[PDB]
Amino acid sequence: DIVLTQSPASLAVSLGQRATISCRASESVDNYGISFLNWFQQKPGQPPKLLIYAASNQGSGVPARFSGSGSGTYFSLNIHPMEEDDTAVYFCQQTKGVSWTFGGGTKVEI
Amino acid sequence: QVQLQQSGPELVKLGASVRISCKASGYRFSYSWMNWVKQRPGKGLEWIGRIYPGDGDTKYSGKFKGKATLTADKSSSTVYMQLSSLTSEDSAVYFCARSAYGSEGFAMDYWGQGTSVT
Amino acid sequence: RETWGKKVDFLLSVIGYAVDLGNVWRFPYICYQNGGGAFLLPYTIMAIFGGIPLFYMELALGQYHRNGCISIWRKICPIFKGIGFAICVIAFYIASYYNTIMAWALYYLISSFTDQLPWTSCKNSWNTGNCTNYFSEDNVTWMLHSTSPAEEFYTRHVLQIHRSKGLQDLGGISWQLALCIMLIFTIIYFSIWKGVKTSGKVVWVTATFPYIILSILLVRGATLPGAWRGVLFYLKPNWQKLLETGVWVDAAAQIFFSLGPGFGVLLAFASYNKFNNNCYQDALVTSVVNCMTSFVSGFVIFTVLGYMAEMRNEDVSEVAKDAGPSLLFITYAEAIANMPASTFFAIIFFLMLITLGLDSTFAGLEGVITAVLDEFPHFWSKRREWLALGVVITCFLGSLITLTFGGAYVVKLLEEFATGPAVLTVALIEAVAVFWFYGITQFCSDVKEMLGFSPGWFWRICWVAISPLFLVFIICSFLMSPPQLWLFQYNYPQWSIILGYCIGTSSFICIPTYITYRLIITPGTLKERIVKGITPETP
Ligand SMILES: CC(C)CCC[C@@H](C)[C@@H]1CC[C@H]2[C@@H]3CC=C4C[C@@H](OC(=O)CCC(=O)O)CC[C@]4(C)[C@@H]3CC[C@@]21C
Ligand SMILES: CC(C)CCC[C@@H](C)[C@H]1CC[C@H]2[C@@H]3CC=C4C[C@@H](OC(=O)CCC(=O)O)CC[C@]4(C)[C@H]3CC[C@]12C
Ligand SMILES: CCCCCCCCCCCCO[C@@H]1O[C@H](CO)[C@@H](O[C@H]2O[C@H](CO)[C@@H](O)[C@H](O)[C@H]2O)[C@H](O)[C@H]1O
Ligand SMILES: *[C@@H]1O[C@H](CO)[C@@H](O[C@@H]2O[C@H](CO)[C@@H](O)[C@H](O)[C@H]2NC(C)=O)[C@H](O)[C@H]1NC(C)=O
Ligand SMILES: CN[C@@H](C)Cc1ccccc1
Ligand SMILES: [Cl-]
Ligand code: NA
Ligand code: NA
C-alpha cells in the first residue's frame, strides 16, 4: 500500500507570506498521464474541502492563490498570498488502484 | 447543483452496530464512486472504503474490510455503511464524499456533513 | 532447393496468408457501405475478372522458376528487378503496422484472462469522459458527446491515446505493448527460424484454429436475439447504388487486397513447390476458401452487430461509425461484455485475431526472407537464421515509432498508405512485365510444360486485356480521390497526408531507380539498351 508522509507536520506562516506543504508517497501515483493525488482543507468543526485535483488543477470554489504542483513521487502545495482564513489542517490523498490513504496533516497556524 | 445528505448524529453502545446513510443527489448517482471517511476527534482523516452504485462493487483500505460493509440503493439514491462490533476506538465522525472521474483524479469535490458516532 | 514436404503445407500456408486480420473488421462494414446484399455480384465479378487470374499468375511464376522475389525477374525480365526492393519496403511497413496491431490484440487477450472483463465497467481510472453508450437499458439517455466505456478502455488504457495531441505530439511509450510485440516477434522468428518445414508445421495449427473459432462464434451468435435484422441489412440489396463506378472500384480493390497479390508472398510459397504440382486446383481452392471465409466472417460480425443493435432498441447503421480496427475492439468488446460467457468468448476471439495476424506475418516475413536468400546464392550456409533475426530486428525498429502512446495515428496512416496504389502498382507492373516482355505465349508454354495442359483462352485473354486494365483503372480512381483520415476526435492535417504520400512513394520509387540504374550501367545507345534490358540472360 502507498504510504504518504507530510512535511512539515506543523507550519507557522505569517499573513502575506508563502506557505509550503510537501507530500511524499511510497510509490508512484501516475497511471495514465494523470497524477492521482488531491489536496484537501479541513477547518475545525467543518467538513474537508477539496482544493487541488490531479495535483495541478484547482476546484470550483478555490481561489487562484492556492496552487498545487508535483508529478511522480514528490508533490507540493503552495499558498500565496496566505490569508487568515487558511488556518486549517491540509491533507494529501492518493487515488491509486485499490487502497486510498490520506497524508499526515499539516497544521498551518497564524 | 450537487448536494449530499447524511444521517444525523448517533450513539452506539459498546457491543452493537450502526447504519449510516448518505443520500446523494444532483448528478448521475450510478456513475460516481461513494467514499466514506473516518476522522477521530483531533486526529487526521482516515479512508474507510468506496462503492460504485452502477455495479455495486466495493473496495476498502485496510482492516476496515472485515468491519465495514458498503451498500448502495439506486432507486432511493442512498449509500449505507454498516459497522459491526463497535467499540470505544470508533468514537469518531464519519464523512461521506463522492469521487470524481478519472482525469480528475477521483477527486472528492463534494462532501457530506459527518455523523458524530459515539 | 528444399520442397514443401507434404502438399497440404503449401495449401494451408497460402490459405493462412489469404485470411487477413484486416478483412475481419473491414469486409462486412465496407459491404454495408456499398450495396450490402447487392455488393456480392460486383464482388464476385471483379474476383473472377482480376483477382483469381493474378493469384494464378503469381503461383505459376513462383512454381516454374523456383526462385524468390528478386531473382524471378533475372529469370524473366532483369530490367524490372526493383519490384523486389519495393516488396521488401512494403513488407517492412506492413510488418510494422500489422505487428503493432498484433500487440494491441495480444494486450486485449491478456486483459481477457479475468472473470470480470475490464471493459464492461466505467468505474476504472481511464474512464474519465462519459458512460452513456451502455447496453440493456430502457431509459432515454443519449447526448452527442457521449463515449462508450469500451471506447474509453481502447483509447485510454490500451492505446493511451489521451496522452498525445496527434501525429505532431508522439510522446511516451507503452511498455506493456512493447512486451506484447516482443513476444509476438519472438514467436514469428521462431516460426521462420530454420525454413519452410517448421513454417508449414506451425501453419498446420495457426491456420486451422481460426476456422474452428469462426464456426463456434457463428453458431453461438446465431442463437442471439436481434441477429435477424443484422443479417437482413447485410443481405439487403441496393441495386440503385450499383450504377456508380465507386462500388465497382470498391469491390475490385477489396477482392484484390483480400487475395493479396504483389506482396511477393505467393512466389516464395510456390518456389518450394515441385514442378509436377498442379497450380490450378490449389489456386481455385484457395480463392474459394478465401471468399467463403470472408462471407462467414461478415455473417457472424453482422449477426453480433444486429444482436447488440436490437438490444439497444435503436436504428441500425448508427453503430458502424467505428471504422478500421476500432470496430473490433469497441463493438465486439461490448458484445462479449454483454454475452453470458464473457472470458471464454473474449479469449477465443482475441486468440483467433492473433492467429489471423500470425499467418500473415509469417507469410510476409518468409517471402521477404526467401527474396533476400535467392538474390544472394552465396548466403545459403548459415545466413538463414541470422537473416531472420535481422529482419525481425528491422521490423521491431520500424514498429518502435508506432509503439508510442499516440502511435495509433501513425498505425492508421500506415494502414491506409503503403497498402493503396502501391501494392496495386507493383502487381500491375508485375503483370505488365510478365505478359508483355516475358510473352504470353512463353508463359502459356511454360505452364503447359508444368501441368501438362495449357490454360484455356479465358486466362489467355484476361491476363492480357482485363487484369492490367482493371488495375490501371483502380489506380486512376484512387489517385483522383483525395484522402481525409479521421481517427477518434482527430482530423489529420495537411502535412500528414503528405507524409503518407511520401511513405507510399518510397516503396514504389525502387522500380524506376533500378530501371535508371540498369539503363545507365551499360554504355551504348538507348534502343539496344532497352533491347538487352528486356531480354533475359541464359544461366
Ligand atoms: C465453417 C467453415 C468456415 C470451415 C472452412 C471450410 C473448410 C473447407 C476449410 C477451408 C480450407 C480447408 C483446408 C484446405 C486444405 C485441406 C487439405 C487436406 O489434406 C489432404 O488430405 C489432401 C491434400 C492433398 O493431398 O493435396 C486436410 C484438410 C485441409 C487442411 C483443410 C480442410 C478444412 C479447411 C480449413
Ligand atoms: C454466397 C453465394 C450466394 C455466392 C455464390 C458463391 C459461389 C457459388 C461462387 C462464388 C465465387 C465463384 C467462383 C469464382 C472463381 C471461378 C474460377 C473458374 O475457373 C475456371 O474453370 C475457368 C477457367 C477456364 O476453364 O477457362 C471455375 C468457377 C469458379 C471457381 C467460381 C465457381 C462459383 C463461385 C465459387
Ligand atoms: C503510380 C505511383 C504511385 C506512387 C504512390 C502514390 C501514392 C499516393 C498517395 C496515396 C494515395 C491515396 O491512397 C489511397 O487512397 C484511397 C482513396 O483515394 C484509399 O481508399 C479508401 O477509399 C476508397 C474509396 O474512395 C475505398 O474504396 C478504399 O477501400 C479505402 O481504403 C486507400 O486506402 C489509399 O491507399
Ligand atoms: C463527455 O465527452 C465530451 C467530449 O467527448 C466532454 O466534453 C469536453 O470535455 C473536456 C474535458 O476537459 C472539455 O475540455 C471540453 O471543452 C468539453 N467539450 C465541450 C464541447 O464542452 C464531456 O466533458 C464528457 N462528459 C463528462 C466528462 O462528464
Ligand atoms: C491477404 N493479406 C495481405 C493482403 C496483407 C499482408 C501481406 C503481407 C504480409 C502481411 C499481410
Ligand atoms: Cl474480403
Ligand atoms: Na483476404
Ligand atoms: Na491468418
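The lettering of chains (A, B, ...) simply tracks the order of the sequence lines. Since chain A takes its numbers from the PDB entry, the residues it shows come out as 21-130. Sequence positions for chain B are given in the PDB entry numbering; the residues included correspond to 20-137, in order. In order, the residues displayed for chain C correspond to 116-654 in the PDB entry numbering, which applies throughout. Just follow the structure's listing: the first ligand is 1, and inside any ligand the first atom is 1.
Drug identified at ligand 5: methamphetamine. In the deposited model, the macromolecule with the most close contacts to methamphetamine is named by the PDB entry as Transporter. Other chains with a heavy atom closer than 4.0 Å to methamphetamine: C. Applying a cut-off of 4.0 Å to heavy atoms, one finds the binding site of methamphetamine to be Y132(C), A133(C), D135(C), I209(C), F372(C), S373(C), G375(C), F378(C), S475(C), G479(C). Nearby ligands and ions of methamphetamine, counting only those under 4.0 Å: none.
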